[PDB]
Amino acid sequence: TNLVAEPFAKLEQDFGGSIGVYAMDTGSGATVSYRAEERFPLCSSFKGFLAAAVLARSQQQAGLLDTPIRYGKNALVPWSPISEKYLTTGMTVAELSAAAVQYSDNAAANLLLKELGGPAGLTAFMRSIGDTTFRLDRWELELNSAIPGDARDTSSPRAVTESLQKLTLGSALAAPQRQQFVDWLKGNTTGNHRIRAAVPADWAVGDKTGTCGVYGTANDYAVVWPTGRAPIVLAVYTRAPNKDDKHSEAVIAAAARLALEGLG
Ligand SMILES: *C(=O)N1C[C@H](NOS(=O)(=O)O)CC[C@H]1C(N)=O
């Protein structure tokens, strides 16, 4: 039996789908795992790892992050509020990266993906840090289709958490670039009702959300710094079997609460 798992199973049954959770206490090595190795659509959440890959490239291409990109109107797609606002100005690669992370800007994500050689390029970066699960296959907006059983544009809660740790706390990025990634995550604007809602207000959080919407499909991943303790890294993903099934932020927050509670 798995008593630790029963509250999660209860939660996803009330929800009407599947919830996937993985949390790592980087001090103790303790973990909390629920459907941790099943695939879930990435939706917008891929944009965190996208920003990381751009940061890694900027270590080896001098002035890359400072480079202005003067994109045209044909680079724009729905829900690109920052990219639209800066259309007549242009944006640096840094600014695009922060827009992708902190506002989930779609156009900014597509412009950066192009710089890396498209979804296959981001996938190759993820492989280079030892992540064999992550895959990005399509661009915005098609990557959000979230069709049950389609492996395209998916990862697992465990692989996400493991890769997040490597990039934010490990050595996969050089220190200045690691700190930039952490700062982008900390300044995220879209995650207030997800993992941030599960966390004491005095603990620092950096996160990135995803919301495909269809098939009850949404997610959040985070690094959490509890006051006086090593950081906790975690990922919460949801999906559901019917196209009209509605995602729930509350369910992502409740799952996060159970992970933090289950840790030692
Ligand atoms: C990503 O899943 N999305 C981008 C945008 N904001 O969502 S997020 O903050 O939950 O990441 C709208 C939904 C979506 C998309 N359809 O591109």
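Here chain A follows the PDB entry, giving residues 26-289 in order. Only heavy atoms go into these numbers, but all of them, side chains included; no hydrogens, no water, no symmetry mates. Ligands are counted one by one from 1 in listed order, and the atoms in each one are counted from 1 as well. Recorded method for this deposit: X-ray crystallography, 1.8 Å.
The drug placed at ligand 1 in this model is avibactam (bound form). The chain in largest contact with avibactam (bound form) bears the name, in UniProt, of Carbapenem-hydrolyzing beta-lactamase KPC-2. Among all protein heavy atoms, the one lying closest to atom 11 (O) of avibactam (bound form) is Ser129 OG, 2.6 Å.
Scanning all protein heavy atoms for the shortest distance to atom 9 (O) of avibactam (bound form) gives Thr234 OG1, 3.0 Å. Per the entry, the organism of origin for chain A is Klebsiella pneumoniae. Regarding atom 17 (O) of avibactam (bound form), its nearest protein heavy-atom neighbour is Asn131 ND2, 3.1 Å. When each atom of avibactam (bound form) is checked for a heavy atom of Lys233 under 4.0 Å away, the hits are 11 (O). For atom 10 (O) of avibactam (bound form), the nearest protein heavy atom (residue, atom name, distance) is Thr236 OG1, 2.4 Å. Closest to atom 15 (C) of avibactam (bound form) among all protein heavy atoms lies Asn169 ND2, 3.8 Å. Listed by atom number, the atoms of avibactam (bound form) under 4.0 Å from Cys68 heavy atoms are 2 (O).
Remark: minimum distance from atom 4 (C) of avibactam (bound form) to any protein heavy atom is reached at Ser69 OG, 2.8 Å.
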